[PDB]
K.L.:
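Right, I'll just put the structure down here and ask away after.
Here is the naming used below: chain letters follow the sequence lines, and residue numbers restart at 1 for every chain. Just so you know, ligand 1 is whichever comes first in the structure, and atom 1 is the first atom listed for that ligand. Only this structure's heavy atoms are used, side chains among them; waters, hydrogens and symmetry mates stay out.
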Amino acid sequence: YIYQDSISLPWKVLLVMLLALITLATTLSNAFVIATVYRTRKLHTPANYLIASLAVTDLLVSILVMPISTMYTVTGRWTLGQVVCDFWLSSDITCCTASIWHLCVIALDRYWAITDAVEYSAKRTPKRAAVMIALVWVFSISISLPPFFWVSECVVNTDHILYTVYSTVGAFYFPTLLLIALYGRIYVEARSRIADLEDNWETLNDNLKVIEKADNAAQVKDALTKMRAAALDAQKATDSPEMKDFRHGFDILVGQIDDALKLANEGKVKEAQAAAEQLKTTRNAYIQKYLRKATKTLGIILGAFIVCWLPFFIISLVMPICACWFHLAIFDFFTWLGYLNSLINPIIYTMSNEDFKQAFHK
Amino acid sequence: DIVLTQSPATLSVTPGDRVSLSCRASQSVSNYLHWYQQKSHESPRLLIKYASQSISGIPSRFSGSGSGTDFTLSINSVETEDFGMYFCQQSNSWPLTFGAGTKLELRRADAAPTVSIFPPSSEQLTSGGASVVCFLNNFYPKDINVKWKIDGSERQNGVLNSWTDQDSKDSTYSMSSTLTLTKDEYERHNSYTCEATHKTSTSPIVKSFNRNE
Amino acid sequence: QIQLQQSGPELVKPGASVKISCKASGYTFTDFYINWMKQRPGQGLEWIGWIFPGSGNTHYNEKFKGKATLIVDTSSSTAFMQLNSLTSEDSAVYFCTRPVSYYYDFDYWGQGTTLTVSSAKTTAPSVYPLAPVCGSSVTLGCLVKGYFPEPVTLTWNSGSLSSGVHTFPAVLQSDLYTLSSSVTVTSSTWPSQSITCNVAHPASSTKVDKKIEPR
Ligand SMILES: CN1C[C@H](C(=O)N[C@]2(C)O[C@@]3(O)[C@@H]4CCCN4C(=O)[C@H](Cc4ccccc4)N3C2=O)C=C2c3cccc4[nH]cc(c34)C[C@H]21
């Protein structure tokens with residue numbers, strides 16, 4: 001007895017489609033993502049090498065696992081024999097462990113970038129980022145070795161239980177306690193920084209009003225030396241070409257504060273007040289460019305990673321414990337929900353990241 | 001960049017009349033808007049700064065109103081000295097931007113032009129060049145059409161027209177037209193005709209001469 | 001007597017550069033922003049940029065970024081703008097101006113400087129007098145033909161007669177300028193008293209008096 005046996009051939013030709021059309025959309029979405037990076041030298045970044053390295057594993061799953069997941073899922077048996085299904089399992093288990101852990105190494109980059117901006121930009125390289133893809137492809141294999149030691153029924157060793165729980169801890173719970181701890185850190189920095197920056201513009205605006213309606217030099221001085229402190233901070237908030245243009249606009253803002261200050265120090269209050277009038281002009285113009293998506297979008301990867309892989313890994317632990325009102329259709333349905341992760345990852349990075357959306361539309 | 005759309009492009013007023021010049025900003029510029037007069041190329045005279053502030057020495061007949069995107073310069077009773085280009089500039093944000101102008105032109109009784117013709121000087125002829133010069137002077141309104149004829153029928157090529165801005169005092173306009181020929185083509189012909197076409201008259205205003213004199 | 005005295009007009013070859021002047025007087029030159037403006041015959045003005053003389057700091061309109069460089073010589077209390085790699089789209093009028101402040105009763109402009117960007121060779125004008133063909137008023141005139149660059153200065157009887165005078169704008173035709181001027185006087189005054197149009201083209205250091213006399 002296998003449940004599939006009582007599902008007629010009308011539904012079986014509609015269930016060759018969806019799993020042929022899900023398999024295909026994984027190959028040509030993750031290949032459109034590698035060739036986007038392969039085909040751009042501004043996109044040749046240490047953090048866009050990882051996205052490709054990710055899409056690389058999700059491309060392996062789409063050709064090694066997904067088309068030969070279906071001849072088993074549709075019928076309910078296994079035609080291809082012993083020497084085959086030992087390295088069919090090995091791929092599925094590791095290639096989906098790679099897929100998961102690559103989401104950690106991506107979130108290690110974001111974390112160390114947004115937390116140690118200055119110092120880790122030197123360690124951040126291709127070579128240091130090649131170590132990461134590698135040591136996650138090596139550790140991934142080190143999970144599928146344990147069952148290798150120990151007809152028509154392809155499945156993995158559920159006799160040793162210590163393996164069962166180690167396999168689900170080393171490739172899932174660690175990676176989601178880690179994801180939750182990094183996204184925690186990141187969201188709190190990323191939210192403090194806009195607050196810090198909001199306090200900077202609040203100072204620069206509050207103090208301008210002080211100068212406008214000021215009766216003497218002394219208070220114009222203290223007010224201009226506060227905008228300066230504040231401008232010179234905003235300038236450090238967020239290599240060489242793009243950013244250059246952003247900082248230059250502050251180097252005007254600052255120079256106007258400097259020229260005012262001089263007149264304030266020379267005792268020329270009315271002169272300073274005029275000199276400061278130019279500042280509103282400059283504030284007014286860098287109000288558009290003040291008025292956080294990189295951090296919003298990793299909330300969709302966490303979300304679409306939780307929703308995809310949690311069920312399979314929960315249901316993977318109470319099965320060997322507990323049919324406790326359990327149908328092998330629900331263990332098969334949440335196996336495709338975790339394969340679906342290898343689809344959803346590329347399609348979030350086109351709506352999210354603005355360099356894959358300049359690519360696709362062409 | 002902030003676009004200041006001035007309306008209307010051109011405006012005709014009778015002295016006495018009330019006039020509202022409009023200046024519309026593509027986005028808010030708060031009260032950072034100023035108004036200028038420019039009679040010609042001469043450097044602009046600031047009429048009104050910061051929308052409502054009026055400038056020392058500018059006459060009382062000029063005044064400003066507005067905030068956000070809709071601005072109005074206002075001449076409660078336009079005088080004769082008031083022709084020219086009215087220009088709004090914003091200083092809300094960089095870069096400073098102007099409007100394209102409202103061109104303010106005054107009315108006055110009509111006047112057909114005093115038309116004078118002038119053959120070539122003995123001097124121009126002794127360098128083998130021939131220029132027939134026609135002045136049409138002190139007419140209103142400004143639109144006018146000159147046409148040249150050598151011995152009956154129309155000549156386009158070689159013609160050069162110029163025009164004065166509207167006059168300070170009598171509010172009238174003036175034009176020069178110059179037909180330039182080769183000394184040969186000059187004295188290969190006899191009758192030279194400067195036909196002018198103005199609102200003051202349906203059939204045209206025709207001045208002429210012949211070389212034989 | 002606060003004043004901004006800009007430099008004179010300049011013929012210049014396309015590809016070349018120019019320096020324009022703004023000598024400032026009667027206020028501490030170093031205490032106030034200065035702006036530079038461009039205006040072409042039929043059009044609004046555009047802002048090029050400002051400098052702060054006391055420091056030489058500058059902002060520029062993206063539009064004019066590589067074109068204009070504003071500098072300043074504090075010691076002669078003057079301001080310069082250097083335009084570079086010039087083109088036909090550069091012939092226009094250039095004004096420096098102290099901007100308009102909330103805190104000061106007026107603003108202040110230079111008289112303008114007029115750049116002419118061409119390969120055309122400077123040429124001194126021929127000046128033909130225009131007499132009547134042989135009537136309470138009589139109208140004489142004065143053709144000024146085949147010069148470049150602008151300007152010419154025209155007057156009647158070394159400046160004495162300005163009333164009832166119409167001097168028309170200059171007009172290009174294949175790299176030469178025609179200008180003209182009419183003068184209308186009573187039948188009694190001419191030919192009694194001599195009428196003479198005076199024509200200066202400073203680019204050719206050319207002064208030319210022609211006394212209108214009857215054909
Ligand atoms: C997506 N991929 C699926 C793949 C798999 O279950 N493939 C089989 C062939 O399909 C089954 O689901 C079938 C279908 C319905 C009932 N079935 C079973 O009885 C057993 C369940 C089982 C799971 C674990 C241990 C013993 C038995 N199945 C199988 O083994 C193994 C994975 C895995 C196992 C261990 C660690 C892992 N990390 C990432 C992964 C993974 C990726 C993950």
K.L.:
At ligand 1, which drug is present?
P.N.:
ergotamine
K.L.:
Name the main binding partner of ergotamine here according to UniProt.
P.N.:
5-hydroxytryptamine receptor 1B
K.L.:
Provide the letters of the other chains having heavy-atom distances to ergotamine under 4.0 Å.
P.N.:
A
K.L.:
Using a heavy-atom cut-off of 4.0 Å, which residues UniProt lists as binding ergotamine in chain A are that close to ergotamine?
P.N.:
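By heavy-atom distance, the UniProt-listed hits: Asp92(A), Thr97(A), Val156(A).
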K.L.:
List the transmembrane segments of chain A, numbered from the N terminus as in UniProt, that have a heavy atom under 4.0 Å from ergotamine.
P.N.:
3, 6, 7
K.L.:
I'm trying to map the binding site of ergotamine - which residues have a heavy atom under 4.0 Å from it?
P.N.:
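Residues with a heavy atom in range: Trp88(A), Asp92(A), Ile93(A), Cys96(A), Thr97(A), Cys154(A), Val155(A), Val156(A), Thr158(A), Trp309(A), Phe312(A), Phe313(A), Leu328(A), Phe331(A), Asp332(A), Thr335(A), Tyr339(A).
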